[PDB]
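Below is one structure; the comments refer to it alone.
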Amino acid sequence: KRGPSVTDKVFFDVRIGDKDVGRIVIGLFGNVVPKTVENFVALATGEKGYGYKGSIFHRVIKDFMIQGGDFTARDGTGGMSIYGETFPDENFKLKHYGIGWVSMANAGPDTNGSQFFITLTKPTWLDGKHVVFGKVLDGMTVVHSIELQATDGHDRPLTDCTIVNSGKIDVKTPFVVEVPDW
Amino acid sequence: XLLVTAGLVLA
């Protein structure tokens, strides 16, 4: 009934070491945050010649979130958008409503690049600071398999959790994801 | 603590 509509989908096929653990499918709210969605889709298809295929989840914190998308420095300092090194915070219409919502990592206001996180809790302290733009529709088992990986002293998994393939899946008719107040 | 930053990760 009431909520934002999923307009686009992106998939990530994940391998942890050399075991293929499966696919994450993310629904994106293209009507609400069009520029942030177009960026993430383009980086997932690799259509500008660079993007998420071959990048890893570099920061994994149990019961909080998994973070990835740094395809340039692979450690957390880089990444880049299709609009330049950073682009402004589009809006904060969506909140981090619960587990499995997808949001942009940043280094303060208007510094969105390519890094993103998938929540594993309801991080209300982040609302209004990070642009939310998607929700995992399928593959939360894969997200928890990354979560349970032993990490080093900087919360990086000691076995690479790699997006070995990524891309888009078209949505013929947008559908609603119910959210509390809308 | 619990933030998601890109460069200087804080507590």
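One letter per chain, A onward, in the order of the sequence lines. Following the PDB entry, chain A residues are numbered 31-212, in order. The PDB entry numbering applies to chain B: residues 1-11, in that order. Modified residues are listed as parent or X, with no contacts credited to their extra atoms.
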Inset, instruction - State which drug is present at chain B. - result: ciclosporin
Inset, instruction - Supply the name from UniProt of whichever chain has more contacts with ciclosporin (chain B) than any other. - result: Peptidyl-prolyl cis-trans isomerase C
Legend entry - UniProt domain of chain A touching ciclosporin (chain B) most: PPIase cyclophilin-type
Inset, instruction - Write out the residues of other chains lying under 4.5 Å from ciclosporin (chain B), heavy atoms counted. - result: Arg89(A), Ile91(A), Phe94(A), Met95(A), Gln97(A), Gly106(A), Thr107(A), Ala135(A), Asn136(A), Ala137(A), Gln145(A), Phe147(A), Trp155(A), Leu156(A), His160(A)
Inset, instruction - Give, by chain and number, the residues of ciclosporin (chain B) that contact chain A within 4.5 Å (heavy atoms only). - result: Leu2(B), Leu3(B), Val4(B), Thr5(B), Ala6(B), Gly7(B), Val9(B)
Inter-chain polar pairs, chain B (ciclosporin) versus chain A: which donor-acceptor atoms lie under 3.5 Å apart?
from    : atom 1 : to        : atom 2 : distance (Å)
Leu2(B) : O      : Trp155(A) : NE1    : 2.9
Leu3(B) : O      : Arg89(A)  : NH1    : 2.9
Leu3(B) : O      : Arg89(A)  : NH2    : 2.9
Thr5(B) : O      : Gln97(A)  : NE2    : 3.1
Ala6(B) : N      : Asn136(A) : O      : 2.9
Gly7(B) : N      : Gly106(A) : O      : 3.3

Inset, instruction - Identify the name used for chain B in this deposit. - result: cyclosporin A
